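The structure to be discussed contains S-pomalidomide.
Each chain gets a letter, A, B and so on, in the order the sequences are listed, and its residues count up from 1. When reading the values below, keep in mind they use all heavy atoms of this one structure, side chains included, and skip hydrogens, waters and symmetry mates. First listed ligand is number 1; within each ligand, the first listed atom is number 1.
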Amino acid sequence: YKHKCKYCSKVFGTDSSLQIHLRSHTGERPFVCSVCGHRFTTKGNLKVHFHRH
Amino acid sequence: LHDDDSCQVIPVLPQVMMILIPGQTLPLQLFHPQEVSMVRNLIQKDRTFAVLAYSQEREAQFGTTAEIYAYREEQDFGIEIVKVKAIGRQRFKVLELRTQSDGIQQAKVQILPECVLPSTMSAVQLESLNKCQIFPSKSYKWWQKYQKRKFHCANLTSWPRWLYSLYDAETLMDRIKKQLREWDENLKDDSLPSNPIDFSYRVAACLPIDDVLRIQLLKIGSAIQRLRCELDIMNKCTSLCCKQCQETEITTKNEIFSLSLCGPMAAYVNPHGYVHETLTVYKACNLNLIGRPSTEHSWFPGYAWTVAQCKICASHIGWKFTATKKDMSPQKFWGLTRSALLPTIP
Amino acid sequence: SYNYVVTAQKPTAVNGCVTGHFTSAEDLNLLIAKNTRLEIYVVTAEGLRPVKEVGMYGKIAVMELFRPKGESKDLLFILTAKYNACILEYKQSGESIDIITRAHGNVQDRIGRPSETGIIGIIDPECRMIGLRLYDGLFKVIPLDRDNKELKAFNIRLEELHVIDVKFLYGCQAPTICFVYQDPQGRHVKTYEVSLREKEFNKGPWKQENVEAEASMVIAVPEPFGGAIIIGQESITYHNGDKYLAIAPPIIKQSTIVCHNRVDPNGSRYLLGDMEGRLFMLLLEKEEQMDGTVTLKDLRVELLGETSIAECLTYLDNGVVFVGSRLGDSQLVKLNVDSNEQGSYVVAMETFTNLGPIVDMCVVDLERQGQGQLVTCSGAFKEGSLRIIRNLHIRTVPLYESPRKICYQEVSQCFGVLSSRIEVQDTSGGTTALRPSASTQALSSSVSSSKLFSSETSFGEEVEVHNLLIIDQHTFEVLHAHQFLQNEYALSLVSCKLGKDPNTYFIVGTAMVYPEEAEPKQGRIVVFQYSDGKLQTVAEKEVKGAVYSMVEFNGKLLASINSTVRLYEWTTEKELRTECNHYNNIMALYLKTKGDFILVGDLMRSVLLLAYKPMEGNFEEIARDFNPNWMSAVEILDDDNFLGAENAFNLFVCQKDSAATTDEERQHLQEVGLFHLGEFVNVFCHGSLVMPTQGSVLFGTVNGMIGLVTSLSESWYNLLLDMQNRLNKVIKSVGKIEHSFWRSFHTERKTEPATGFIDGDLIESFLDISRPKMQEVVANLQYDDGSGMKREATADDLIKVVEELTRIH
Ligand SMILES: Nc1cccc2c1C(=O)N([C@H]1CCC(=O)NC1=O)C2=O
Ligand SMILES: [Zn+2]
Ligand SMILES: [Zn+2]
Ligand SMILES: [Zn+2]
């Protein structure tokens, strides 16, 4: 609805609060399916899997 | 409670993708303001909105009114998140769904009536034995007397008593509730409704069935027909397969058990507002695990979850749970999502 | 399509009988209720003299006589099953006998659960009010004032919802109710004073904490004593205030007392009937005291003898009782002071033909005259019988057991009947009979040697033993009785030739019924021949379900198995081989055929139209109509129209849509006719009892009524429908009940006006009215004769059209 995080999809009020949080997703496989909890390494990987739900 | 056969215009929340059965509860999490203000205006007038039962695309032909009974605001991280619980009420067939400027589509629906039928013997019962139609109620020799006395007057028709028992509501539930006691050890005879209408609808929301069977029961109006169709599913569809590849058996009915007080299949919600009817089973087959167990937002406290997928088509079927302490039993079980399953007849 | 329904034989079973002084203050009347008919007799010295028979636009549900202060003779209160209330009076002007309606009204309540123990209607001894038990939790009170011609009433809130039986007590300071109810803490008797002033309940004279588990009957004992007698499964008690008696006579423990009748006005002798036909005398031992009082000392029960299975008893006079029977013939019995050598005080005087219940029937031309006779399985248990019905001549063949299905085998010149008798587990291995019956007394006998079903504990309960009986078509002597397998339940029966085989066989379809198993997983289709006086099994096919229904289908055998419809072929090796299966979601109870079309139906009025495809060797579903409601019988009127019998006592006709452009439209069958018959149809049957209209379907019902359904032209239907409205303006209806209300399609929840059906009984009564009323109904009535102009109809024109319609039965 506003400033969504690219990895876990959680939305934040401002872009300030978003990158305060975006530093939390540091890991070897950072993108999370907002339905499974399945984790992926690239944004596209998550996109394909997300659209198979 | 709307009127019967009447027409009403009822708002429709566009995020909902769930076939709601009367009496079943629908949990929701809403971030968008249009829908948040939509819930707030409902909690004043009627509290009811319409939940369409999708065939999917956007093709819906029946649905159910849903009534808000719970409401909680969390204003965390600068974003107003509203969690609201609804309960399904009356069935309807859709007439026109006019989509409105803000987004919420309005629906002209015809409120479906509930077909109540008299006993199958009320037509033939001899007036001299009306005086005997009330029994001192509850064993399986007891059920042998109930049939010999309730259907004594079958001797005046061209059918026996045992056929009439197969359309007797009271008999159908005792048979249905026999098998629910197999899925739930925490299940007392009083935990189940006594009305045949409400009882069929509760069983409708409890069975792990795909949308097609879930819709088919909604189209059924007489409770007798609902109960028999439900008892039929329970008996024939012993096996549960991957709804995607359709030939991969994930688990069977012998493995269904109840982990929480809420039964063998309750609606859980994940951190981002997705609802999962999660059937808890002992053993499961043809599943690949993904990742290492995590405890974040674990629906069953004390257990760590792990994503599970079909070995064949790689679809999402559910999660494997493991005990994080050691004194707990089961030390392991699987939470299977209902949208992923397809009951089958071996 | 448009249909015409006429009664060929009026309802014969009795559902009521009261005595009193309805015609003369000095005469003793016997009033008999026959569903829609009311009969009046006067009790004589020789027997019964008929006085007047009438029909109502209703099913008579309450029939009681009463005499409010200042009335010459007794009045008649009648309530119909659609809740038409009325008070009637007898008025004879020389030879003009007429039942006039002193008051009338409908007591139906929009709100309300119809009670489990049925409609109860009681009147207080002082004729001050009519008490009605219609719905749980309420009590309807019709106050009896000479200024209440509309029967306006009110309700009283009843705690205690499940009420068993209720009566007004005698000798009370205020109108008092006495009733037995059941709540969680056992079964009880309680009393409530009824205030017509405050229109509510006041405290009752007594309330007895607990009473017998199965206390089912409340008898109010008259003014010499007071109080009430409660009767149950094992005990008979008397309650009044602090007085109490109770007996547990072992003589009544063997069956349930289900009707009673007070003998004398002081209430010291009662007749009790049970479900097996025993007739008892209940005696109240009175003790004459030295002051003026009388005290009740004890209760005593004596077995009088045997009768028909009694729905109602009524003592006439001079030791003559009338036995009203639903399951068998009604009787006049005589009671004698000294019991005969056999130990019975009961002697038969007269019987009355009761065709009901007709559970199966078939039309035969035994006399080969192209006439046709109706042969029915009727009655149940020891009342069971065949009845041969002719144009109305009724012959009776006692069976002393329940016939279930019948069919005719012309080549063998005999009948084949599926039958059921009750036997009770013996102390040895087996089960011994209750009485000698057709099954047990044949010329030759056989038992199934099948052993197809090789892998419970009966105690002393009842079991059903099923037989195929071969009945000679001329003597009706049971030529052979074949007993089926233990726990086998014979369901369907057909006679026919199969394949290229010149033999005519009896085919029987069954189910294996075990009390542990809810739905049957096993059945048999057995092929019998019967050629040289002896009955031989010609192969048997095991099936995985109940064979509910069977039809000969174009030299093949069509059959239902649970939800499956299956076509069977007859090989040269004389056995059954499956050709094709059509699996349904509905359970295939009803199975009717016509050419290549097959009609399938279940108990909830799901109607299905399959068609056999000769080029593909398969079945194809043509159309469907589901409408949740109980169905009892169904039949094919022609390739396009299907007739059904559904709740409550309704007939319906669905049709294949002629306005079908979309394939969705062609797959739904439209309802084209609705009608309230007033009877519960057990079997339709194509055939006619005689030598304009097209088709002839007979049907038998539970009350023994036999009706005929035929189809009309649109020209004829439209005309006779105008007549119905015109005859209804001139025909005086007994309870002042509208015909259009009575024929309205009726559920416990729905009522829709009748349609597509013409009441043939109303049409035929055009001939019985006089020519002033006759010329009144024809006035301004245009008529589609051969000439394309529609001329006014003369009444003498209409005598000719109705006289032709009587010729169909
Ligand atoms: N932490 C995340 C993150 C994204 C999606 C999910 C979760 C998560 O825990 N669940 C489920 C699956 C496992 C479980 O028991 N509870 C949940 O909420 C998700 O769908
Ligand atoms: Zn994030
Ligand atoms: Zn996913
Ligand atoms: Zn798969």
Location of S-pomalidomide: ligand 1
Bound partner of S-pomalidomide (ligand 1), most contacts, as in UniProt: Protein cereblon
Other chains closer than 4.0 Å to S-pomalidomide (ligand 1) by heavy atom: A, B
S-pomalidomide (ligand 1) binding site (4.0 Å, heavy atoms): A/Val32, A/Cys33, A/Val35, A/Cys36, A/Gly37, B/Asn270, B/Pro271, B/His272, B/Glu296, B/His297, B/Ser298, B/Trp299, B/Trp305, B/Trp319, B/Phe321
Molecule name in entry, chain A: Sal-like protein 4
Contacts by heavy atom under 4.0 Å between S-pomalidomide (ligand 1) and UniProt (S)-thalidomide-binding residues of chain B: B/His297, B/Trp299, B/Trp305
Contacts by heavy atom under 4.0 Å between S-pomalidomide (ligand 1) and UniProt Zn(2+)-binding residues of chain B: none
UniProt domain count leader: chain B with S-pomalidomide (ligand 1): cult
